[PDB]
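GS-441524 bound to Papain-like protease nsp3.
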Amino acid sequence: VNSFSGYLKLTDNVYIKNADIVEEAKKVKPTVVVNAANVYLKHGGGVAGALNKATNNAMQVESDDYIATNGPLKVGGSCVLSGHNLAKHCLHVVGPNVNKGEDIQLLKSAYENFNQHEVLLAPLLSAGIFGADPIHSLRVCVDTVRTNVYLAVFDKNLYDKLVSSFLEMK
Ligand SMILES: N#C[C@@]1(c2ccc3c(N)ncnn23)O[C@H](CO)[C@@H](O)[C@H]1O
């Protein structure tokens with residue numbers, strides 16, 4: 001379990017790889033894969049769509065059932081559900097959607113959920129269709145998470161920008 005390779009070490013607990021999080025999950029079968037979710041766990045596109053498609057919609061069926069019960073998540077919150085064929089657990093984490101003016105302060109709350117798990121395979125939160133500054137999201141991740149997070153960034157342009165920015169932060 002958790003046999004990650006090819007990651008660049010940024011800090012003592014944050015690693016980054018240019019890779020598809022679904023392919024990483026299939027190769028490693030991590031204890032926890034993080035989903036970049038919305039409050040209804042509607043896994044339409046991006047990371048959520050990729051993860052759900054890999055489960056042939058089992059993640060969505062499970063998610064629809066959770067929401068039908070406990071109601072939607074809060075922005076900045078999370079829930080632990082099955083990892084299906086990708087991982088033992090999936091931590092669905094809701095970062096703020098700044099395309100909707102959701103408070104960017106909730107990005108720190110979002111990353112704080114990672115601290116409930118020893119080791120996570122995760123995407124960068126609130127970027128892509130959530131619209132947040134991805135350098136900012138990396139900075140909040142590095143500043144906030146206390147446990148071991150392995151970040152999988154599919155987009156090579158974004159990956160190179162993130163790594164170049166991290167080298168210039170310190
Ligand atoms: N890069 C990237 C993305 C993304 C989309 C789809 C995937 C995937 N399959 N694996 C990893 N990353 N990934 O992750 C961030 C999620 O907030 C945004 O920048 C997205 O554009």
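The chain is numbered in sequence order, starting from 1. Numbering of ligands and ligand atoms starts at 1, following listing order. Determined by X-ray crystallography, 1.7 Å, according to the entry header.
- All instances of GS-441524 together account for ligand 1.
- Within the 4.0 Å heavy-atom criterion, the part of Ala19 lying near GS-441524 (ligand 1) is the backbone and not the side chain.
- For atom 1 (N) of GS-441524 (ligand 1), the choice among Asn157, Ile129, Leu162, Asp155 with the nearest heavy atom turns out to be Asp155.
- For atom 11 (C) of GS-441524 (ligand 1), the nearest non-hydrogen atom of the protein is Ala152 O, 3.3 Å.
- Of all the heavy atoms of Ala36, none lies under 4.0 Å from any atom of GS-441524 (ligand 1), so neither backbone nor side chain is involved.
- Nearest protein heavy-atom neighbour of atom 19 (O) of GS-441524 (ligand 1): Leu158 CD2, 3.3 Å.
- Protein heavy atom closest to atom 3 (C) of GS-441524 (ligand 1), with residue, atom name and distance, is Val47 CG2, 4.3 Å.
- Residue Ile21 places at least one N or O, backbone or side chain, under 3.5 Å from an N or O of GS-441524 (ligand 1).
- For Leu124, a nitrogen or oxygen atom sits less than 3.5 Å from a nitrogen or oxygen atom of GS-441524 (ligand 1), counting backbone and side chain alike.
- Of the polar atoms of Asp20, at least one N or O is found under 3.5 Å from an N or O of GS-441524 (ligand 1), judged by distance alone.
- Counting residues of chain A in contact with GS-441524 (ligand 1), the top UniProt domain is Macro 1.
- Protein heavy atom closest to atom 2 (C) of GS-441524 (ligand 1), with residue, atom name and distance, is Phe154 N, 3.9 Å.
- Protein heavy atom at the shortest distance from atom 21 (O) of GS-441524 (ligand 1) is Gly128 CA, 4.2 Å.
- With non-hydrogen distances under 4.0 Å, the site around GS-441524 (ligand 1) consists of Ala19, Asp20, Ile21, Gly46, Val47, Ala50, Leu124, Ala127, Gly128, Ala152, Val153, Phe154, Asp155, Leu158.
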